[PDB]
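Heads up, this one has fosmidomycin in it.
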Amino acid sequence: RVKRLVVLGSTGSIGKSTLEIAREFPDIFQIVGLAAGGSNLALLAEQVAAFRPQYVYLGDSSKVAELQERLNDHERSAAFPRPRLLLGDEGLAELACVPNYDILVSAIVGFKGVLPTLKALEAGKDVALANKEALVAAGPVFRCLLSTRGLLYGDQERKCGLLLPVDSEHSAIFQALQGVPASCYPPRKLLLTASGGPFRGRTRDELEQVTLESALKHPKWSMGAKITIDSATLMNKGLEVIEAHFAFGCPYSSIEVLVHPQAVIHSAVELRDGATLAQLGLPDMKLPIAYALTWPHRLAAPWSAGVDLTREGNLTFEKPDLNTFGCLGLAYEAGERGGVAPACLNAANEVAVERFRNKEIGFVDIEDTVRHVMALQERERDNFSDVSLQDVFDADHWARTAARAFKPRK
Ligand SMILES: NC(=O)c1ccc[n+]([C@@H]2O[C@H](COP(=O)([O-])OP(=O)(O)OC[C@H]3O[C@@H](n4cnc5c(N)ncnc54)[C@H](OP(=O)(O)O)[C@@H]3O)[C@@H](O)[C@H]2O)c1
Ligand SMILES: O=CN(O)CCCP(=O)(O)O
Ligand SMILES: [Cl-]
Ligand SMILES: [Mg+2]
Ligand SMILES: [Mg+2]
Ligand SMILES: [Mg+2]
């Protein structure tokens, strides 16, 4: 009855919110595993000491000695059973395959979450999937593995484990879809709401003078760096459009993106009769994270506040400006092309976001980086057809090298 969790990326935004839930409901949740990359070992050490995982994976093996030290400090305050450390590229896979856990919280960023996510599902474990990049890149493989071309989340296949959404928009849609019978599925239209990010209503030339600083101040949501930057480019919504296609089995024509700055409506579905079902809330990821862990039950928490529309003011809905923010067009083009185009788009974007965060390239060059890569992938072969997992790996790599080699125009 307890749910044993393995949290990947425990030190990030999603990971910490997950453990906040585990801490408030210790009778329900037990932590068997934590994984982190090593950039914040002080927090990993305090997480290990608090939750006493049996297994810990460390993405950077160079910092085993520092982790051991910080654990040794915590042991002097209070003794706890030392975990077995897992390392290397095979470490994440072994952790995901441990028996003795029910749910894998996949909150690693990027393509490095794909495989652990895959082997947990195959190992019969449910996956609360935050890592959108997995489904963007390896959508077909998830669809084949879960043996569905429709709704991948849930068990509405009415052995593999269940896949449940953590992202705010996919959670809203998934909650709104609860109770929609098969006769009304797929929905007519999927409405994904985007805050529009901090540069809403700015010209493309106003975006030349934009600092990393300004890009990292998000109006409605407090999150990681990559996702916050992607909301400023609107490549975050672009990625969610492709994720939705594979997750809900909807054509790209059925998928609409509305700029809703107040971020009150988290996303919606339109049904055959013209009824729209929308899920509303405050911008806190503990609701969706918790729903992925409790589905179909909903936990009542001290932070479980709820939105007051009278107080909130007024709700605005607008079309995105596809000229200024070309990343959204790039996602739609990539999705319609199919094959490994989604993968190349994601990798090119990951690289451009990192280069933008290391001050090597500027903001406007993120879109031009992604455009450059995909122009070339079009010129190279287009056989697509079947999408092998290794085919995704090869394109991801190729795209990363091309994204790094891109030199901004002079
Ligand atoms: N509000 C949200 O944040 C939100 C909402 C919806 C979806 N998502 C999606 O979920 C993913 C996580 O986003 P986030 O904001 O939580 O990212 P983040 O805050 O930057 O967290 C990154 C996590 O991944 C760990 N990590 C990095 N490299 C690793 C590696 N090689 N091996 C093991 N762990 C590694 C990191 O450890 P260290 O930092 O210690 O190195 C850290 O714990 C993203 O795809 C995001 O698009 C996020
Ligand atoms: O998990 C929450 N999001 O992905 C949405 C916040 C980013 P947006 O500006 O694209 O709505
Ligand atoms: Cl289905
Ligand atoms: Mg996280
Ligand atoms: Mg434990
Ligand atoms: Mg096609």
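Per the PDB entry, chain A residues shown: 25-182, 221-472, in order. As the structure lists them, so they are numbered: ligands from 1, and atoms in each ligand from 1.
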* **Every instance of fosmidomycin** => ligand 2
* Asked: For fosmidomycin in this structure, which bound macromolecule has the most atom pairs within 4.5 Å, going by the PDB entry?
  -> 1-deoxy-D-xylulose-5-phosphate reductoisomerase
* Write out the binding site of fosmidomycin as chain and residue number, heavy atoms closer than 4.0 Å. => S230, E231, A256, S257, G258, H280, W283, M285, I289, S293, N298, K299, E302, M347
* Protein residue, atom and distance nearest to atom 10 (O) of fosmidomycin, heavy-atom basis -> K299 NZ, 2.7 Å
* Among protein heavy atoms, which sits nearest to atom 1 (O) of fosmidomycin, and what does the distance come to when rounded to 0.1 Å? -> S230 CB, 3.3 Å
* Asked: Any idea which protein heavy atom is nearest atom 7 (C) of fosmidomycin, and the distance to it?
  -> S293 OG, 3.1 Å
* To do: Look up the source organism of chain A in the entry.
  => Toxoplasma gondii
* fosmidomycin and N298, any nitrogen or oxygen pair closer than 3.5 angstrom? -> yes
* Identity and distance of the protein heavy atom lying nearest atom 5 (C) of fosmidomycin -> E231 OE2, 2.8 Å
* **Nearby ligands and ions, fosmidomycin, under 4.0 Å** => ligand 1 (NADP nicotinamide-adenine-dinucleotide phosphate)
* To do: Please identify which atoms of fosmidomycin are closer than 4.0 Å to at least one heavy atom of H280.
  => 7 (C), 9 (O)
* Numbering the atoms of fosmidomycin from 1, which are under 4.0 Å from a heavy atom of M347? -> 1 (O)
* **Nearest-contact summary for atom 6 (C) of fosmidomycin - protein heavy atom, Å** => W283 CD1, 3.2 Å
* Asked: Which of the numbered atoms in fosmidomycin are below 4.0 angstrom from a heavy atom of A256?
  -> 11 (O)
* To the nearest 0.1 Å, how far is atom 11 (O) of fosmidomycin from its closest protein heavy atom, and which atom is that? -> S257 N, 3.0 Å
